[PDB]
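Caption: I-BET762 together with Bromodomain-containing protein 4, bound form.
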Amino acid sequence: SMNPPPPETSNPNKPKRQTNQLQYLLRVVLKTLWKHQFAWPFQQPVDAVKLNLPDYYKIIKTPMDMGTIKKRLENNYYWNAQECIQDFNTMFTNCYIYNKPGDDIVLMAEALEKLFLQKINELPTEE
Ligand SMILES: CCNC(=O)C[C@@H]1N=C(c2ccc(Cl)cc2)c2cc(OC)ccc2-n2c(C)nnc21
């Protein structure tokens, strides 16, 4: 069994910013989800080898996780908040696409997504 390379978290060619919205995405949004009891399956890329999911990366072609998002935020990988918000939404969508309705993992994603939406609802205006 083989995992793909992880998503990119570093690229000197990619233009970067440190904005108040991106700071909020780290300090409020990422931190709130990371500390949650249901955070652990989402704190690193899906390990298809260890989890015995040989079809995971056959079905999921745009992998994303909070480990990657955390690295992207801490290393100022993004230009804007929209990029980061998309990463969170890709993470949730992947979970819903791969898994069955009512699965424990789907309920975990839903609880995290509820908090995500609550926090992004009060994304600050750009300074
Ligand atoms: C048929 C079995 N299905 C799975 O294992 C899917 C897997 N399901 C889980 C998972 C996590 C928690 C529970 Cl209670 C049940 C399943 C999961 C657990 C992990 O442990 C390190 C990593 C990624 C996960 N994950 C994510 C994220 N999206 N799908 C899955």
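In chain A, numbers come from the PDB entry; the residues present are 42-168, in order. Counting starts at 1 for both ligands and their atoms, following the listed order. Header entry for method reads X-ray crystallography, 1.6 Å.
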Tell me where in the structure to find I-BET762, all copies included. ligand 1
Considering only protein heavy atoms, which is closest to atom 28 (N) of I-BET762, and at what distance to one decimal place? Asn140 ND2, 3.6 Å
If you map the residues of chain A that touch I-BET762 onto UniProt domains, which domain comes out on top? Bromo 1
Among all protein heavy atoms, pick out the one at the shortest distance from atom 11 (C) of I-BET762; state its residue, atom name and that distance to 0.1 Å. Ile146 CD1, 3.5 Å
Measuring from non-hydrogen atoms of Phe79 to any atom of I-BET762, is the shortest distance under 4.0 Å? no
Identify, for atom 3 (N) of I-BET762, the protein heavy atom at the shortest distance, and state residue, atom and that distance. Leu94 CD2, 3.8 Å
Tell me which protein heavy atom sits closest to atom 22 (C) of I-BET762, plus the residue, atom name and distance to 0.1 Å. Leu92 CD1, 3.2 Å
Among all protein non-hydrogen atoms, which one is nearest to atom 24 (C) of I-BET762, and what is the separation to 0.1 Å? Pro82 CB, 3.9 Å
Per-atom contacts of I-BET762 with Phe83, taking only distances under 4.0 Å to non-hydrogen atoms: 27 (C)
Looking only at protein heavy atoms, which one is nearest to atom 14 (Cl) of I-BET762, and what is the separation? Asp145 CB, 3.7 Å
Starting from atom 20 (O) of I-BET762, find the nearest protein heavy-atom neighbour and note its residue, name and distance. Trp81 CZ3, 3.4 Å
What protein heavy atom sits nearest atom 13 (C) of I-BET762, and how far away is it? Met149 SD, 4.0 Å
Under 4.0 angstrom from I-BET762, any heavy atom of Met132? no
Which residues from other chains neighbour I-BET762 at a non-hydrogen distance under 4.0 Å? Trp81, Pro82, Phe83, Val87, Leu92, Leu94, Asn140, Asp145, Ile146, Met149
